[PDB]
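Structure (with BI 2536).
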Amino acid sequence: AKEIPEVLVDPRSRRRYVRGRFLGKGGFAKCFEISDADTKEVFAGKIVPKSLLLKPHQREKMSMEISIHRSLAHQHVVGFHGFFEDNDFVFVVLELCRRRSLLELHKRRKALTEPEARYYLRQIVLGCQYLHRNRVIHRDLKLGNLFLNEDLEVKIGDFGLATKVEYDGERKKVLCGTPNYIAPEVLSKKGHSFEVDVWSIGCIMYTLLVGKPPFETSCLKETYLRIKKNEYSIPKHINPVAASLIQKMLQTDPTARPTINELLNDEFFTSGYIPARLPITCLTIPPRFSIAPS
Ligand SMILES: CC[C@@H]1C(=O)N(C)c2cnc(Nc3ccc(C(=O)NC4CCN(C)CC4)cc3OC)nc2N1C1CCCC1
Ligand SMILES: [Zn+2]
């Protein structure tokens with residue numbers, strides 16, 4: 001049956017982690033709060049049984065995720081704190097993000113206020129700017145892997161579909177996985193690069209401001225059809241400045257979209273209010289951003 005250890009030992013680093021509260025599954029992984037027995041620090045452990053990694057192609061995908069994520073360090077990227085293995089499991093040690101993800105926020109709040117959307121989108125963009133400048137395309141940016149720490153700071157996570165651009169002008173021809181907010185050039189199998197991440201942020205912005213994703217249908221294949229045909233509409237109550245930026249990012253032609261470095265210079269950010277921080281209450285109650293308290 002094979003059972004997960006209660007204490008996880010890294011023989012190289014000599015660090016031991018006591019397995020705590022179950023957090024949920026993430027793909028092939030069962031995830032847990034894990035705490036270092038010496039420093040008492042808490043991390044999110046991702047635990048993958050090798051019995052699900054029998055195919056070299058699976059191991060290579062798991063290897064590449066680790067290889068990419070371990071190379072990154074940024075305020076808006078999930079912290080990578082180690083990985084190790086025994087004969088039965090791969091153990092990955094990640095930054096624990098105690099407020100889960102924007103997916104759980106979205107399920108509770110639906111459409112956010114515009115300043116909340118600017119706030120989160122700014123941090124998503126800063127993290128993605130960092131990725132692209134280090135030649136990493138994430139390829140799976142979605143509400144569920146945009147994690148939130150205690151301070152409601154965004155941490156981009158789940159590098160399971162990410163890839164490294166190895167040379168200038170390289171077009172990736174293959175994406176082995178099913179991303180949520182999939183760019184049309186991936187779907188049409190015509191070669192893709194960094195612009196797919198800007199498509200996805202486009203979709204995240206729409207979802208954050210509208211309360212639902214732009215191309216949703218009752219069948220994934222019908223969704224793909226719509227994406228390829230660029231069949232979406234922005235509700236009339238969305239402000240023209242926001243709607244303009246969504247439109248720019250959601251263009252069929254990847255070369256037409258803004259690049260990650262242009263986004264924060266958009267009128268959407270520069271001429272609107274961006275809170276310095278959000279109160280914890282924003283997880284459940286719309287903020288009014290009032291100037292003083294009564
Ligand atoms: C490690 C994988 C991925 C990741 O990459 N990081 C960095 C991550 C960082 N932080 C967290 N944090 C929490 C995630 C879930 C919960 C939570 O409360 N889960 C409840 C458990 C019982 N269940 C009935 C209802 C859900 C609490 C978290 O922090 C206190 N999760 C992360 N995940 C997730 C772990 C499962 C899917 C993805
Ligand atoms: Zn494959």
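Residue numbers run from 1 in the order of the sequence given. Just so you know, ligand 1 is whichever comes first in the structure, and atom 1 is the first atom listed for that ligand.
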Please list the parts of the model that make up BI 2536. ligand 1
Name the main binding partner of BI 2536 here according to UniProt. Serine/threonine-protein kinase PLK1
Extract the binding site of BI 2536: heavy atoms, cut-off 4.0 Å. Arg21, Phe22, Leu23, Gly24, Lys25, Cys31, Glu33, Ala44, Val78, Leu94, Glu95, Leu96, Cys97, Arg98, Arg100, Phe147
As an exercise, identify every atom of BI 2536 less than 4.0 angstrom from a heavy atom of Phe22. 21 (C)
Polar-atom distance check: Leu23 versus BI 2536, any N or O pair below 3.5 Å? yes
Do any non-hydrogen protein atoms sit less than 4.0 Å from atom 24 (C) of BI 2536? no
Counting residues of chain A that contact BI 2536, which UniProt domain comes out on top? Protein kinase
Name the closest protein heavy atom to atom 35 (C) of BI 2536, giving the residue it belongs to and the distance to 0.1 Å. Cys31 CB, 3.7 Å
Where BI 2536 meets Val78 - atom numbers and elements under 4.0 angstrom, heavy-atom basis: 7 (C)
List BI 2536 atoms under 4.0 Å from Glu33, heavy atoms only on the residue side. 30 (C)
Under 4.0 Å to a heavy atom of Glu95 - the qualifying atoms of BI 2536, by number: 7 (C), 9 (C)
By number and element, which atoms of BI 2536 are closer than 4.0 Å to a non-hydrogen atom of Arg98? 29 (O), 30 (C)
Counting from 1, what BI 2536 atoms have a heavy atom of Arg21 closer than 4.0 Å? 17 (C), 18 (O), 27 (C), 30 (C)
Could you tell me whether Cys97 and BI 2536 have an N or O pair separated by under 3.5 Å? yes
Identify which residues UniProt lists as binding ATP in chain A have a non-hydrogen atom closer than 4.0 Å to BI 2536. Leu23, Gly24, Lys25, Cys31, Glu95
Considering only the protein, which heavy-atom contact is closest to atom 37 (C) of BI 2536, and what is its distance? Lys25 O, 3.6 Å
Give me the nearest non-hydrogen protein atom to atom 34 (C) of BI 2536 as residue plus atom name, then the distance to 0.1 Å. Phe147 CE2, 4.0 Å
